[PDB]
Novice: 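Pulling up ciclosporin bound to peptidyl-prolyl CIS-trans isomerase C for a closer look.
For reference, chains are lettered A, B, ... following the sequence lines as listed. In chain A, numbers come from the PDB entry; the residues present are 1-11, in order. We're sticking with the PDB entry numbering for chain B, so the shown stretch reads 31-212, in order. Heads up: weird residues get written as their parent (or X), and the extra bits don't count toward contacts. The figures here come from the full heavy-atom set of this structure, side chains too, leaving out hydrogens, waters and symmetry mates.
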Amino acid sequence: XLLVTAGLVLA
Amino acid sequence: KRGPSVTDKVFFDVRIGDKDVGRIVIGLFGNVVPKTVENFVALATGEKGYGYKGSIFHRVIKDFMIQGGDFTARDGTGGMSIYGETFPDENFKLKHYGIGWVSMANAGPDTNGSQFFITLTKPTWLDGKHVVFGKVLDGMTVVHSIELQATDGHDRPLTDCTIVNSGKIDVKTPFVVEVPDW
């Protein structure tokens, strides 16, 4: 989907 | 009239491959989120001996945002703050009000390091989860040039979009950026 993460990027 | 004041500015000179496409200037809200701004400024000047010069925008998603700031692993797993590997979420006073606001990427609560994103939409689903601390004042054409780059299967541009130079510009008198409720 639309997140902004650092390491495990999700949907 | 009413809004937060820009207290500091940071510039990023960008090259996509070997074509210099121009400068992004970001206004920072130092009175609202002082620790988060001091971090970003220090990393842009390189005054602690490490920082954003030579780092790339590693995750670019059309109509959503561009993400950068991983100067240690360059893939999205690293980066680091001037306060240690992570620092707490300072506050969530600012919202991701619209296009061109700048916020901290993280891996859950209180894991801010050096990675950040510039919005290309109004991502209300992110409000209250990511600390907002700045807004692009000049160079959105440069941000859209990065956005239009073809990416691989992990949304990384197939041609490096590099911050070839970065630094600060002093603001002699703070000025307001109008926002809805303040």
Novice: Which ligands or chains in the shown structure match ciclosporin?
Specialist: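 It corresponds to chain A.
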Novice: Enumerate the residues contacting ciclosporin (chain A) with a heavy-atom distance under 4.5 Å.
Specialist: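 Residues with a heavy atom in range: B/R89, B/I91, B/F94, B/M95, B/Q97, B/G106, B/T107, B/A135, B/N136, B/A137, B/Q145, B/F147, B/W155, B/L156, B/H160.
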Novice: Any idea which residues of ciclosporin (chain A) come closer than 4.5 Å to chain B, going by heavy atoms?
Specialist: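 Non-hydrogen contacts under 4.5 Å involve A/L2, A/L3, A/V4, A/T5, A/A6, A/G7, A/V9.
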Novice: Name the organism the PDB gives as the source of chain B.
Specialist: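 It's listed in the entry as Mus musculus.
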Novice: Name the UniProt domain of chain B that holds most residues touching ciclosporin (chain A).
Specialist: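 According to UniProt, it is PPIase cyclophilin-type.
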